[PDB]
Amino acid sequence: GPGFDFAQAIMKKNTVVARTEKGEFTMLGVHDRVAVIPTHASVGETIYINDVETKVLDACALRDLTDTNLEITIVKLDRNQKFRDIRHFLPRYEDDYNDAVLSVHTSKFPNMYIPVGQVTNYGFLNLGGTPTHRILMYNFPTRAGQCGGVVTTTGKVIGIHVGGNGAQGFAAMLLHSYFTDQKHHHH
Ligand SMILES: *[C@@H](CC(=O)OCC)[C@H](C[C@@H]1CCNC1=O)NC(=O)[C@@H](CC(=O)[C@@H](NC(=O)c1cc(C)on1)C(C)C)Cc1ccc(F)cc1
């Protein structure tokens, strides 16, 4: 069936509740003190992590070479815990997937799992009026409150939930090359 065991292990060790002025989001920690959150969360220079106020040391809203929103923001956080390194679970390329799980960790839903079915490489999405690329699509009625939710299949962390129209759900891709270790003035 769906990979519930895999999704649970990712939730246990690699998720936190993140809270900005836009609300609460599931936040996936990727490695060391680096995590991801939907760009719509509007991260500033501090963020609440599990209700603890935390300095945001770096924040990078990803865009592609067309200067189009990818809806992923990568954050570096000032906190003592290191995240388990899950980069080796990230896909190398764009792909479609079978029988994925969407996993939420918020104050309202401290852990909840939703089998979303098949996931297709959707591409372009007008996301609440912002053009966005690299989007994954599932036919599941996802809802407000699930943004940031982790999308997995066994062995792979493939996206974070960012949108939905009452019939389909949409995730922003996570690619392995987003998190590899030059000299760049990026602000
Ligand atoms: C998650 C965030 C949340 O709860 O509110 C953030 C303040 C939310 C999940 C969806 C809400 C309804 N169902 C969901 O799964 N994400 C959003 O609200 C983004 C906006 C949307 O999802 C819109 N949907 C679409 O634009 C759309 C287009 C198509 C083909 O299908 N759906 C609304 C109709 C909900 C938030 C967002 C992200 C990026 C932006 F630039 C603007 C807004």
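Residues: numbered from 1 along the sequence shown. Note that ligands are numbered from 1 as they come in the structure, with each ligand's atoms numbered from 1 the same way. According to its header, this structure was worked out by X-ray crystallography, 2.0 Å. Both backbone and side-chain heavy atoms feed into the values below; hydrogens, waters and symmetry mates do not.
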Top contact chain of ligand 1 - most pairs under 4.5 Å, the PDB entry: Peptidase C3
Drug identity at ligand 1: rupintrivir (bound form)
Residues lining rupintrivir (bound form), heavy atoms within 4.0 Å: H40, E71, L125, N126, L127, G128, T130, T142, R143, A144, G145, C147, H161, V162, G163, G164, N165, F170
Which of the rupintrivir (bound form) atoms, numbered from 1, are nearer than 4.0 Å to a heavy atom of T142: 13 (N), 14 (C), 15 (O)
Under 4.0 Å to a heavy atom of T130 - the qualifying atoms of rupintrivir (bound form), by number: 41 (F)
Subset of rupintrivir (bound form) atoms that lie under 4.0 Å from at least one heavy atom of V162: 16 (N), 17 (C), 19 (C)
Ligand-side contact atoms (rupintrivir (bound form)) for residue partner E71, heavy atom cut-off under 4.0 Å: 38 (C), 39 (C)
Residue/atom in covalent bond with rupintrivir (bound form): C147 SG
Residue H161 vicinity, atoms of rupintrivir (bound form) by number, heavy atom under 4.0 Å: 9 (C), 14 (C), 15 (O)
Atoms in rupintrivir (bound form) flagged as close to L125, the criterion being non-hydrogen separation under 4.0 Å: 28 (C), 29 (C), 30 (C)
Atom 7 (C) of rupintrivir (bound form): the protein heavy-atom neighbour that sits closest, reported with distance to 0.1 Å: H40 CE1, 3.7 Å
Any N or O of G166 closer than 3.5 Å to N or O of rupintrivir (bound form): no
